[PDB]
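Step one of this worksheet: look at the structure below.
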Amino acid sequence: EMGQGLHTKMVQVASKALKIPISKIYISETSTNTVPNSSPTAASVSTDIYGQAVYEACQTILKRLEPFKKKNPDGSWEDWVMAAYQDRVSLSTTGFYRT
Amino acid sequence: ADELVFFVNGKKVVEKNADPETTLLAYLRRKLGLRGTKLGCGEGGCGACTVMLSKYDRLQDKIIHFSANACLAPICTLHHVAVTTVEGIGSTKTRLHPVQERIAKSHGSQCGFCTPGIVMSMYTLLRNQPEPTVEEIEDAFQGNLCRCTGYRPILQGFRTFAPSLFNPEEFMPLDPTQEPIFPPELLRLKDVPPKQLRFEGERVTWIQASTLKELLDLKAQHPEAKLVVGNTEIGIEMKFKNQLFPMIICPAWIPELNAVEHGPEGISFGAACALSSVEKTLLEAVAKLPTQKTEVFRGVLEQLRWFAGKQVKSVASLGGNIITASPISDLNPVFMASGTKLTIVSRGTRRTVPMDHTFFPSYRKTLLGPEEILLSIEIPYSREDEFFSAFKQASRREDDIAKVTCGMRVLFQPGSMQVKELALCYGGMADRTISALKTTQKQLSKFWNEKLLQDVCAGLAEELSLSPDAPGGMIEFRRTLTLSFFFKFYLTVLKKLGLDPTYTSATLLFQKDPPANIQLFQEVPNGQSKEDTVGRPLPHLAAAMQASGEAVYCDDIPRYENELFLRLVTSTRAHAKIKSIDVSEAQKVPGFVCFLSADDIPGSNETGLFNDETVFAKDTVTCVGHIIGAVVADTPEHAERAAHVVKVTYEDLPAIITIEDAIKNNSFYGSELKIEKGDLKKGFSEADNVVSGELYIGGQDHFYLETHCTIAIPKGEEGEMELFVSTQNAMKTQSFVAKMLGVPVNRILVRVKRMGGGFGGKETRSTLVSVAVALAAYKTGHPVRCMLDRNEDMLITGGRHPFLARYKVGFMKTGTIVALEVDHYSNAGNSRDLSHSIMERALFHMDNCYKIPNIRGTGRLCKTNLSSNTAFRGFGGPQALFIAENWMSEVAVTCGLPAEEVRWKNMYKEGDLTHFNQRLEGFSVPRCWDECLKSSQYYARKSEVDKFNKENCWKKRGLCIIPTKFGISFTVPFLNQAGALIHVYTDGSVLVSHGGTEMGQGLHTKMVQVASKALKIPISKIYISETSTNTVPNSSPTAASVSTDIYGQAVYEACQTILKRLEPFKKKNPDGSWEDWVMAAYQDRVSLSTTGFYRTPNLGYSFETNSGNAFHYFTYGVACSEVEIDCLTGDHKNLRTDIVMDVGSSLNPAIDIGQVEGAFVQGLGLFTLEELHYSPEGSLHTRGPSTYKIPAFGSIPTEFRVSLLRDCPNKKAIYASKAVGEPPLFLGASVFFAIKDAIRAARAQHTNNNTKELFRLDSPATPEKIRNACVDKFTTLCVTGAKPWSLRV
Amino acid sequence: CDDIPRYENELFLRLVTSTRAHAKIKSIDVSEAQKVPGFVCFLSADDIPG
Ligand SMILES: Cc1cc2nc3c(=O)[nH]c(=O)nc-3n(C[C@H](O)[C@H](O)[C@H](O)COP(=O)(O)OP(=O)(O)OC[C@H]3O[C@@H](n4cnc5c(N)ncnc54)[C@H](O)[C@@H]3O)c2cc1C
Ligand SMILES: NC(=O)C1=CN([C@@H]2O[C@H](COP(=O)(O)OP(=O)(O)OC[C@H]3O[C@@H](n4cnc5c(N)ncnc54)[C@H](O)[C@@H]3O)[C@@H](O)[C@H]2O)C=CC1
Ligand SMILES: Nc1nc2c(c(=O)[nH]1)N[C@H]1C(S)=C(S)[C@@H](COP(=O)(O)O)O[C@H]1N2
Ligand SMILES: O=C(O)c1ccccc1O
Ligand code: MOS
Ligand code: MOS
Ligand code: FES
Ligand code: FES
Ligand SMILES: [Ca+2]
């Protein structure tokens, strides 16, 4: 982030993809031990490419939470997350995009 | 004020504002940035702060090198002294010194927190003796503690200075010519005349007197001035006794206080002479002078053998111990009984008077006047017909407080056996050193015979009485020692005047035996690649840095310019209402920032695993140590002082301390837990015999060398906070900090590099400190940190759960078990925490390795006003296994059959189900059992033990072999999950991250070994930096010994994902390198980052239906130990231990053997040495290494053998390996039952003739319980000699 | 970045740059620099480990 609002847009994207308020999503910083071999933030394509990476990662999360969402249709996001955790389903994943 | 000028690792230091209260440790760490030296206890016991000091000795005209505790050395005593820390002898950036290299390659370092201190003790020895003997090497560590290793690797690696796990042939030879030179500047400053210096601090003025005249003037001029030489006593007074001496005078330089004169009556030492000098001078006198002239000298030396360690003896002055006049001083009894001459001087006056009973008028006082100072002490040569003895007994031989210590002298008429003079002086029997004058007076003119013996014992039994509330407790034991000591003295004088062969050994002084260490493990397949380290003894990856002091532990992290310090304010009551708090005086301490309490919490004050705790006490305190608030200040000292003056007004409430109080008051957490199988009724009905009883096993303080510590960095944005914590649970630390702050979890980042030991003590209780530091960071906006002092840690953080059991077992004459009933009660403390799961694992192991057809076990958690107890290596398993082995032992005795026979016939067999209905597959105990029997030569030694017992009346040997099985897996199903994150950078280097933390067990080392094997690349290309919540989330705490199992799998899967992605490029360029395939993958836009995850399958046990798998598999092992107890003192030797452990196909035999030995030693400590004492009101007495005794270098089995079972691959875990962390700890019980075996031999000797008697022996089997159990004419006399008008016939 | 608190032992670096567009470096004299209060060291190409 250098002022162009890339993180804001990424949160907006995560929120829409996961279908939850932006208030439940956070982006703290950029670091090489969380996402390696990154291209420099340039060429105006950041939103484009990271938007997809974040989107894909969100998709994986939705597929993992799907079973619990089905067993408890009227439950909350928190309910599905805790149930997934207790069922020992990983709540961490990478997202990647290739133009 | 004068300038303080000394040197540190060759570098000159000029301190212009030296504060008398500053210790070298604080200076090195906070001023010089040399953090290799650590704080482990602050009271001279752990040795973690050990450094070497060098100086030119004017009187000797030579440079001398000696160790010392940085934690107790005032920098103001170091003017013109050269300090050498671990950073000054070598490092991984330059080159490791041989000492650092050997301890690391020998696997002598695990968590590594103790490595620097141990390295410096060894180094200091080498600087004094380049080629020391095994004995000198062993004695170099009397003052160093290690909780991880079991000490064996350290000693074995260091003895080299005098398949396999390491190869001494690779070790670089020691070369003195290449050691750092003594600062050339200092050598010049020796020609300069010494001058009186003055240092001014915040609250203290220090005067370094250069001459005796100066000292006497100063004493006259300032009577209240406190003298200080070694400060090993005063530092404790100021640090722990809340004392403050405005003015201090150090006379250490004065020639007279350091002179050694050999006169006609004896040898004179100046009062400032260090005990190490007295010890060296006396050893010399004993070697050159006739034995008849050195009776007292040898008395002094015997006490000095077990007097602290090298660090303390090198600075502790002779006069200092004398004047401190502690009731348990080991030297004063000897000086008194011998009439050692004291030369006391003041300006003008002077006198030399023999020390007698009147020299100590009251508690810690002497006959010295305020203006007087002890100038010198002359220890007398012994005369003809004069014999002397000095004895001491404590909880542990090494560096410990005497329960009873003494000096005994007897002078007969020329060439006769007729007493002319008799002096029996004791320490530990009054509030001062006393002489049993009434008793000995009656023996003058009497003759040395049986009658005198009976008379004296009766006299002592009556004159040296102890009220039931005597400080130090252990009334019976102490009184028994006073008589046993005289008995030893009586026999020794008889021998000297010249004795039944079976009485001889009772006159022998402790003699250490030659050590023997053998480790056996399996070599890896002959065709295994040199780069595949799985199965090889690869040293811990951070061992070299741990040995050099470069390894960074939480507090080693530098402080921000604006970082503040937190000091917890805790309850001094076990249960009371908080009527009010007054911080008015705290606010007066310089640097005071603020006082934080519950009302400052923005989020929730409700914390704890089961939300049954407060972050900060609200209106009520429920245990001594209950955190009420916290003070934040600019420095640690300022925060400590302010906190200390915070006034809390309480209103006591009925308290429930003990498990007994709990049962009677029905004070429990939750309902009863139970496992029941078979038909008890029908079981006991078929039983030939039935034994019922009660058994107790004490608690345990983790004593990780690195105490709890947390650094919290408040970012100032969106409630974000970054914390560096010494914890095994980054996940709970994160969630608890967030819950307290009232912000989403995604705002908190917890980072864990390494822990200087965890052992379960940092699985949950680390949050007590973390959440509080976080609050301080939140409130101040400043970064804040807090590392607990040992006394705080021991008092607040909880420990192992004390257990009480009530059992009933039914069995046949054959020894076969047919029925068992056991009710377990644990003392959980003031909150649930992990108590419930601990009780569950307890119940899961009440069977150990024996099939019991009809069984019923129950458990209850006692809700008490004691710090909440938590996980501790074993997690309830050890207590339940100990209870099981206790009744098994009684069954053997009752049936009159060999214990090994009874155990074997009751033992499970392949395919059998446990009491909780889980099939035992791959049950290897029989294999470990048979190999251990054979390799240990059990039967042969069995007969030799009996023989020894027949030839010895006051010493007995015991031998016992016991098995163990430990279920592997968190008994809470959802905790059996693990995640990993792997990044391959474009240079091909790999960065592995996983949910597990490093606490010395080598989890990272093994994960790199695994990654290397999975990826098929050298370990050099892989690295693991730390554990963080933003790389691997929702991680389970690093515990239950399954970290290798589960993270190994997560790491393995992530690696498999990497390989699948690189495959296309591997096929396109077959002759290419890993670097080529990585770069090509990058160029082709293929992600080189992936997560890995594992979920332990088929787990889910129900206590309700007694069904479902509780564990993934079991780790087995067998241990055979032999001991020798001293029936007269309670002391004992761990002669030999043989262990055979099944860890499947070890991933790393070096680390796995290290874990076996480390756990074994920790169990040994639990069952034989470690004991926490609490006042009746619930206030812990034992808050330091001085009173709490964990195994020392000299506590390990002299002959220690460990073998890893061969050809036993475990298809249930990563690369056919098995968990090893906790499973071996219980095997330490083998030492316990060997001791009980020895005690039964003693009882059959002097107690009674009932070969089938069943006396109760609770854990720990300390010297007290051992001695008290050895009932004889002396123990008996201590009761009868302490009746009723009538007595029913 | 600079708003991040400095560690108590954190030092400061100041680049030393060329006042010429193209020239040979004949010599570098830090004798006067070494005299400045708080001076720690002068780093140059020869100090690079890699
Ligand atoms: C880890 C550890 C283990 C220990 N082990 C043992 C043990 O096994 N047995 C035992 O008995 N003790 C033991 N001690 C106690 C202690 O080390 C001794 O009492 C020591 O000899 C005191 O010497 P010092 O020079 O360090 O005293 P300081 O702390 O410098 O002074 C002690 C007291 O002596 C006074 N004093 C000192 N010199 C003179 C003088 N010339 N004239 C008048 N007053 C003087 C001081 O004013 C002060 O009151 C241990 C201490 C530690 C920290
Ligand atoms: N730190 C260490 O590792 C060691 C320290 N020491 C010495 O131990 C000293 C301990 O000092 P403290 O903790 O203040 O304890 P202390 O100096 O008050 O001594 C306590 C002991 O004195 C005896 N005692 C005292 N009052 C008594 C009474 N009224 N009736 C019967 N017996 C009584 C008991 O044996 C009791 O255990 C230290 O100052 C040090 O000199 C000795 C060995 C090891
Ligand atoms: N050196 C060292 N070894 C240690 C510990 C420790 O804190 N330090 N913890 C023990 C405990 S209580 C456990 S549960 C296991 C945890 O690590 P693991 O699962 O990787 O074996 O290591 C054991 N070995
Ligand atoms: O050993 C366990 O079964 C266990 C269960 C829950 C939490 C920590 C643990 O060690
Ligand atoms: O592609 Mo923007 O950094 S010139
Ligand atoms: O399961 Mo280990 O932390 S008692
Ligand atoms: S910190 Fe100095 S002896 Fe333990
Ligand atoms: S390696 Fe010694 S305490 Fe950990
Ligand atoms: Ca508890």
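Each sequence line gets a chain letter, starting at A and going down the list. Note that chain A carries the PDB entry numbering, so the residues on display, from first to last, are 1037-1135. Numbers in chain B come straight from the PDB entry, and the residues shown are 3-164, 193-528, 538-1321, 1326-1332, in order. Heads up, chain C uses the PDB entry numbers, so what you see runs 593-642. Be aware that this covers only part of the deposited structure, with contacts counted strictly within it. Header entry for method reads X-ray crystallography, 2.2 Å. Start at 1 and go down the list; that is how both ligands and their atoms are numbered. When reading the values below, keep in mind they use all heavy atoms of this one structure, side chains included, and skip hydrogens, waters and symmetry mates.
By its PDB name, the drug at ligand 4 is salicylic acid.
Short version: main partner of salicylic acid, named per UniProt, is Xanthine dehydrogenase/oxidase. Other chains within a heavy-atom distance below 4.0 Å of salicylic acid are, by letter, B. Taking every heavy atom under 4.0 Å from salicylic acid, one finds B/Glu802, B/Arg880, B/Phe914, B/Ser1008, B/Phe1009, B/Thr1010, B/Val1011, B/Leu1014, B/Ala1079. Proximity by heavy atom, under 4.0 Å to salicylic acid, holds for these of the UniProt substrate-binding residues in chain B: B/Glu802, B/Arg880, B/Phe914, B/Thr1010.
For salicylic acid, the atoms sitting less than 4.0 Å from at least one non-hydrogen atom of B/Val1011 are 6 (C), numbered in the order shown with element in parentheses. Annotation for salicylic acid: atoms under 4.0 Å from non-hydrogen atoms of B/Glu802 are 7 (C), 8 (C). Closest UniProt active-site residue of chain B to salicylic acid, with heavy-atom distance to 1 Å: B/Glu1261, 5 Å.
Proximity to B/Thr1010 (heavy-atom distance under 4.0 Å) selects the following atoms of salicylic acid: 2 (C), 3 (O), 5 (C). Within the structure, each other ligand or ion under 4.0 Å from salicylic acid is listed here: ligand 6 (dioxothiomolybdenum(VI) ion). Every N/O-N/O distance between B/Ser876 and salicylic acid stays at or above 3.5 Å. Proximity to B/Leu1014 (heavy-atom distance under 4.0 Å) selects the following atoms of salicylic acid: 6 (C), 7 (C). For salicylic acid and B/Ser1008, the ligand atoms under 4.0 Å from any heavy atom of the residue are 3 (O). Considering only non-hydrogen protein atoms, atom 4 (C) of salicylic acid sits nearest to B/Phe914 CE2, 3.4 Å.
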